[PDB]
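Entry overview - Progesterone receptor with norgestrel in place.
Note that chain A is numbered according to the PDB entry, with residues 682-705, 708-860, 862-931 shown in order. In listed order, ligands and their atoms are each counted from 1.
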Amino acid sequence: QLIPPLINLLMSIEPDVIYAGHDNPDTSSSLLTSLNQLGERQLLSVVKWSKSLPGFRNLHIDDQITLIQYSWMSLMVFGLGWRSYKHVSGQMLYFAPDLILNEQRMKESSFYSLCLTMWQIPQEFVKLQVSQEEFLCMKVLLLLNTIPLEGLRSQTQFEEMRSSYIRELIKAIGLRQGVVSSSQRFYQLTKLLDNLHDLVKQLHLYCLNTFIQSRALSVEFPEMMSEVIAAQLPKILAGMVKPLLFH
Ligand SMILES: C#C[C@]1(O)CC[C@H]2[C@@H]3CCC4=CC(=O)CC[C@@H]4[C@H]3CC[C@@]21CC
């Protein structure tokens, strides 16, 4: 309608809701395994999605692969925030329609602590009242929010691609926002993205530790998920990548 074309395209390429396949007898092991399964399924959707994402397929194949493997985590927790904020007013973590967790289902300490950290996103969503339009644009920026220390092969086309999406976000902010109020809401939304780097870092550490101890904890990791983890997680944890900040 009165909504910009690219934002409309972004909405059309958003995947259908993904189920985890959970049963429900939730042990910590059966819960983590279900979360890795849902992740495996989300990874597939991310990749298929990036192929319709305007501008993405025009970057080097190496670059497409690097950006995906660098951002899967941030993307999955950011979309967790949306679903949570949208279906249960952000007061419950809506991983999937068959895997929604309240405070009672988070028995183990470390696990409840991880959840409390992810919960910050849907809480900001409820607070700033993030829009469907703003969300879609921000999700794309996250895909383009970290690059190799030495840069990307198609760096120029990447920088041009990222600017279009920053301009697109401003368009979505202009849908509801004034000059100072719009300029202020821009500061707010790009600061939120900035704060995700630090947020995703804790999820990474918890993930790699759970992966490395997958035998003991009896927690299974699928093939595609095991690959991105093994291929990029350690490097990222060691801070051997370049985070793109707005502030
Ligand atoms: C529990 C656990 C973890 O190990 C640490 C952070 C976690 C992820 C955080 C975000 C996420 C949102 C979803 O909607 C699908 C499952 C995924 C998660 C699966 C399990 C992880 C990554 C493998």
What parts of this PDB structure belong to norgestrel?
-> ligand 1
Just jot down the norgestrel (ligand 1) atoms closer than 4.0 angstrom to any heavy atom of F778, in number order.
-> 12 (C), 13 (C), 14 (O)
Norgestrel (ligand 1) contact on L715 by region, counting heavy-atom pairs under 4.0 Å = side chain
Got the closest protein heavy atom to atom 9 (C) of norgestrel (ligand 1), with its distance?
-> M801 SD, 3.9 Å
Just jot down the norgestrel (ligand 1) atoms closer than 4.0 angstrom to any heavy atom of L718, in number order.
-> 1 (C), 16 (C), 19 (C), 20 (C)
Do any UniProt progesterone-binding residues in chain A place a non-hydrogen atom less than 4.0 Å from norgestrel (ligand 1), and if so, which?
-> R766
Could you tell me if any non-hydrogen atom of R766 lies under 4.0 Å from any atom of norgestrel (ligand 1)?
-> yes
What is the closest protein heavy atom to atom 5 (C) of norgestrel (ligand 1), and at what distance does it sit?
-> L887 O, 3.5 Å
Give the numbers and elements of all norgestrel (ligand 1) atoms closer than 4.0 Å to a heavy atom of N719.
-> 20 (C), 23 (C)
Considering only heavy atoms of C891, which atoms of norgestrel (ligand 1) have at least one such atom less than 4.0 Å away?
-> 4 (O), 5 (C), 22 (C), 23 (C)
Considering only the protein, which heavy-atom contact is closest to atom 2 (C) of norgestrel (ligand 1), and what is its distance?
-> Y890 CE2, 3.8 Å
Can an N or O of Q725 be found at a distance shorter than 3.5 Å from an N or O of norgestrel (ligand 1)?
-> yes
Closest protein heavy atom to atom 17 (C) of norgestrel (ligand 1), given as residue, atom name and distance to 0.1 Å | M759 SD, 4.1 Å
Heavy atom of protein inside 4.0 Å of atom 21 (C) of norgestrel (ligand 1), strictly below | no
Nearest to atom 8 (C) of norgestrel (ligand 1), what protein heavy atom do you find, and at what distance?
-> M756 SD, 4.1 Å
Which UniProt domain in chain A is home to the majority of contacts with norgestrel (ligand 1)?
-> NR LBD
Provide the residues lining norgestrel (ligand 1) within 4.0 Å, heavy atoms only.
-> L715, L718, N719, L721, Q725, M756, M759, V760, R766, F778, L797, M801, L887, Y890, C891
